[PDB]
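Structural view - batimastat in its complex with Disintegrin and metalloproteinase domain-containing protein 10.
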Amino acid sequence: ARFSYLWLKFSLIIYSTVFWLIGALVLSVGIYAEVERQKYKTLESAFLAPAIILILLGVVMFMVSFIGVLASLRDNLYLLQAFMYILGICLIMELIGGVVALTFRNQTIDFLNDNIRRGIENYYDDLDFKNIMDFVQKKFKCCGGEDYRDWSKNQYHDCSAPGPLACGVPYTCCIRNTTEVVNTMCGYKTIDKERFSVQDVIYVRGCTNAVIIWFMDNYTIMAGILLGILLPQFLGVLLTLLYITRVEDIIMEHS
Amino acid sequence: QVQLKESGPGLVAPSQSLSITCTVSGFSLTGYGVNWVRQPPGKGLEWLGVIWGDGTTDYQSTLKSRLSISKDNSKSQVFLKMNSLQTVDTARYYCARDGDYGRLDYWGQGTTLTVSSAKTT
Amino acid sequence: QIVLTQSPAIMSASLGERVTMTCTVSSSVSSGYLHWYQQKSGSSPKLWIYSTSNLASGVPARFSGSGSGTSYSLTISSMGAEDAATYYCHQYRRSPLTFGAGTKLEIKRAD
Amino acid sequence: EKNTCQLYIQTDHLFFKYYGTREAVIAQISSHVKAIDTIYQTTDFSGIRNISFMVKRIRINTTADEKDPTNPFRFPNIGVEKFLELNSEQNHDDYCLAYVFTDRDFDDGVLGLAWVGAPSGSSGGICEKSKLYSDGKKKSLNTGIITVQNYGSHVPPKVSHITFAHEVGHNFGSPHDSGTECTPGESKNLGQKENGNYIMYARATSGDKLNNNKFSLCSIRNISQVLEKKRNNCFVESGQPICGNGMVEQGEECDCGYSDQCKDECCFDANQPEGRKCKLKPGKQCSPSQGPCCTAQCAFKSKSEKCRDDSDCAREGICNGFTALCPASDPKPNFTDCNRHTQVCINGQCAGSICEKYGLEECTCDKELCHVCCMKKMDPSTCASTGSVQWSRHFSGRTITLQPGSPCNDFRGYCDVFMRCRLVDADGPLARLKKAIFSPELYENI
Ligand SMILES: *[C@@H]1O[C@H](CO)[C@@H](O[C@@H]2O[C@H](CO)[C@@H](O[C@H]3O[C@H](CO)[C@@H](O)[C@H](O[C@H]4O[C@H](CO)[C@@H](O)[C@H](O)[C@@H]4O)[C@@H]3O)[C@H](O)[C@H]2NC(C)=O)[C@H](O)[C@H]1NC(C)=O
Ligand SMILES: *[C@@H]1O[C@H](CO)[C@@H](O[C@@H]2O[C@H](CO)[C@@H](O[C@H]3O[C@H](CO)[C@@H](O)[C@H](O)[C@@H]3O)[C@H](O)[C@H]2NC(C)=O)[C@H](O)[C@H]1NC(C)=O
Ligand SMILES: CC(C)CCC[C@@H](C)[C@H]1CC[C@H]2[C@@H]3CC=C4C[C@@H](OC(=O)CCC(=O)O)CC[C@]4(C)[C@H]3CC[C@]12C
Ligand SMILES: CC(C)CCC[C@@H](C)[C@H]1CC[C@H]2[C@@H]3CC=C4C[C@@H](OC(=O)CCC(=O)O)CC[C@]4(C)[C@H]3CC[C@]12C
Ligand SMILES: CNC(=O)[C@H](Cc1ccccc1)NC(=O)[C@H](CC(C)C)[C@H](CSc1cccs1)C(=O)NO
Ligand SMILES: *[C@@H]1O[C@H](CO)[C@@H](O)[C@H](O)[C@H]1NC(C)=O
Ligand SMILES: [Ca+2]
Ligand SMILES: [Zn+2]
């Protein structure tokens, strides 16, 4: 009985404080990204920015973990129960999100592509999304959201636009060997012509499909990522059950 | 074999309309054009007009106003209608098929056309 | 506008000779678009030569036409006794379909 | 009879119903033909280094055809086997291959079906003539079907013209891929698996992998036997004169298609006799398909009409009545501007920048880096821009902003809509944070 309180209390306190520090760090990074991006914001689009994603994730982690801290320390049954149910709610919410994606794959891919197209509308004004998009378009060998043609959404990459990049994919979609020099003009005059005519100059497949294809292709990595996302929360839930049992023993002995 | 035959009234009252039918057989009229060439008694061939495989027509410039050629692809019959034929209109009216390279390979027997206000005797 | 001038108008050739028939067009037309029909004074004009080099079906081989461009011709190796007919030179590459004036033929016999 | 296969592609009423217009159907069909030609031309089929395709009759069935009682393709429910059989029941001796494009769902979600070719024996495939076969009916087995929907969802065009390649490959004598060397999708090697399976796969590839558009070594070797035993039987020379495909070329004056293809009233269709087919009707001196300035009543337009609209180097272009083709555009004078004022025209196209219109050469070339830069031709003595006071007689004081997107500073930038240019490489907040931390920040901060 005595060995239960010390180890469970220290485990819950350490878990909650580590998640507190991680959430604070990621929320601060997201807030800094929001400030430095809204500095350069020019066009109003309903874009799910990476900075906004970081802010939301950080605030969720920070509040949940702070509830966990104020429970584990100060040893409050009310806050411990709130921490338990909040962590469990987050777990079941992530699970139902997974199952609803596995069900409505077609229009969740549609939603992802809509968000990616809105992002490439702010491609040149949101440098965070710019860097992430070029990194994906390089490593994953892809262009655009669902194809190379979604780059027509961007103002500088429209056939109606008068610039040199008029309906031409960026310099990251073009096929480029590692032992080669990058040319900006690689993707010029590409969107209008058919998919197969540009298979030998630029990457044609979208980056959403490329990402899902890689995840299916690297199921060890996908399993590792999903475990690292879910299992810590499950461990927190189970540890909270154990501390609930310990504190129940504590109140029984105190009475 | 492939044959063309023309049925004609023979006797035509002056300034009264004419109708000749060339009931073709052996070919699809949708892919062949049937011409209409008349011949005065002991004279040279004269061209009236044609109806093509798609129903288009192209008449002689001097007989455009009076000429009228129609056909029914399913019925396989070519119809030639003339209006207000004077005394000079008398001729032998042949229907011919526009074969390969415009050749008039297959012809019909033809109908003698007599225009005269006089009665029988 | 095209006019198919056929010369000479009246052919008088004795039996077994070689008689030629000339059709001259106003403007040059394709070689394969000109043809020849005979009319035996009371019969439908039957196709005789098409494309000016290929004979029709059921015809003698003595008929050998030729020509290209502005002048065309029809040649007979041996004048057959049944050849008494008006041979017509014809084209329909361009409107209007213009038949020749008709080069009539007669068998030059004893007076 | 060297390298080209003539296709007889037909579309059922559901294809038209989905695509709505004859223009959409013909555009999709030409896209499929172009995709399959691109697939086959690059694949060196051992014997031949180029095998092109050229559709000869694009026959499209309108929705109104559904009411026709003698048309058996109107049945909403029909088996894939039965569909392919009815495609083969028609006479197709005059075609290298004959395909039916449909938009109907098939049992088990199959994306189509073709007939397997063979080098010797086993009649069926490319260059196949009609023969009695069995069942008492003469079937032309140079036939294949394809559907653009499976499980009630329309198939995207990448997958559609990948399964078209699949069916023609089966017609070409290539069976379904087998073995680790020719099916890399199932290979446990990650490098090969990311490439994806080839076209000749029993299951339809997603079309998003590298090998999904290419023929395998197995399939290429199989196609080599068929293309060495039956190529010089029904193939045609590249660019051969074959009218009725809707493409005007040498040896013809105009093209319409077949009898039930076009409504043109001044050009002979294909069913017309030899010599007249695909030629202008006698009397109709021009065709709208021949040139863009021909009357709908098929006569040469007068001098009043102008073919083209306003151009960057010509006003309108006048053809009048002497030829169907509109002649070369009448160019605007030398040093005539084009889009914005960045370049000027010389020989019918505008290039060589703007500043030589009044005479000077463009400079290479903080907001003064984005509009236009040009100096007096005698070396960069004064590399000042257009609006600078040093040019007070040529550009007066007018400044010419570059196109939004045109790079500054060689090619490490890009002009925006605000006469400025940011670096194309960019830094980004998160990447700046990473570089500020991954660097030896212990001495970089203090
Ligand atoms: C687009 O619509 C067209 C109709 O508007 C379809 O064409 C139809 O095709 C069918 C068959 O493919 C055809 O039916 C008959 O056609 C022939 C008439 O004689 C006949 O030969 C056919 O087959 C018969 O022949 C053997 C000979 O021994 C018989 O023993 C058999 O009984 C066998 O059935 C068949 O009876 C229609 O006539 C034809 N319609 C027209 C107007 O041409 C296209 O198939 C359709 N295509 C697509 C892609 O939708
Ligand atoms: C035409 O395509 C055929 C594919 O169906 C192909 O047959 C396949 O050939 C491969 C070898 O090239 C066989 O693979 C076998 O051997 C390799 C050797 O490492 C391994 O992957 C396996 O042991 C495998 O068993 C396939 O099994 C074979 N498939 C079939 C159905 O026979 C033909 O070779 C092709 N034609 C030509 C002329 O090459
Ligand atoms: C992540 C978000 C969306 C989750 C939402 C759930 C919580 C914010 C709420 C919903 C229901 C609440 C619970 C409703 C009832 C109670 C019983 C209550 O019990 C007592 O007061 C006596 C028992 C004891 O000693 O704890 C303690 C708080 C608790 C668990 C509440 C804590 C806060 C909860 C879990
Ligand atoms: C990315 C991480 C944080 C997981 C969270 C995923 C969910 C927030 C996503 C994944 C699946 C998405 C859904 C996928 C499909 C639909 C159906 C869609 O409606 C239709 O398509 C209706 C018309 C039709 O039936 O076709 C509206 C959006 C919605 C609810 C999406 C809402 C957002 C969802 C639940
Ligand atoms: C999305 N749809 C599919 O993946 C179905 C699934 C399937 C596989 C095998 C058998 C039945 C169905 N495959 C196809 O549509 C194939 C066409 C695609 C792969 C291009 C189809 C398989 S039909 C058969 C012919 C002989 C035995 S089986 C095909 O190769 N025609 O030439
Ligand atoms: C423009 O100048 C070139 C000489 O470089 C000349 O050939 C051309 O004709 C000029 N353009 C016009 C429209 O005269
Ligand atoms: Ca053609
Ligand atoms: Zn197959």
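Within every chain, numbering begins at 1; the chains are lettered A, B, ... in the order of the sequence lines, protein sequences first and strands thereafter. Note: hydrogens, waters and symmetry copies are ignored here, and every other heavy atom, side chains too, is used. We count ligands from 1, going down the list as the structure has it; atoms in each ligand are counted the same way.
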- Message: Quick one: which ligands or chains are batimastat?
- Response: ligand 5
- Item | Contact chains, batimastat (ligand 5), heavy atoms < 4.0 Å | D
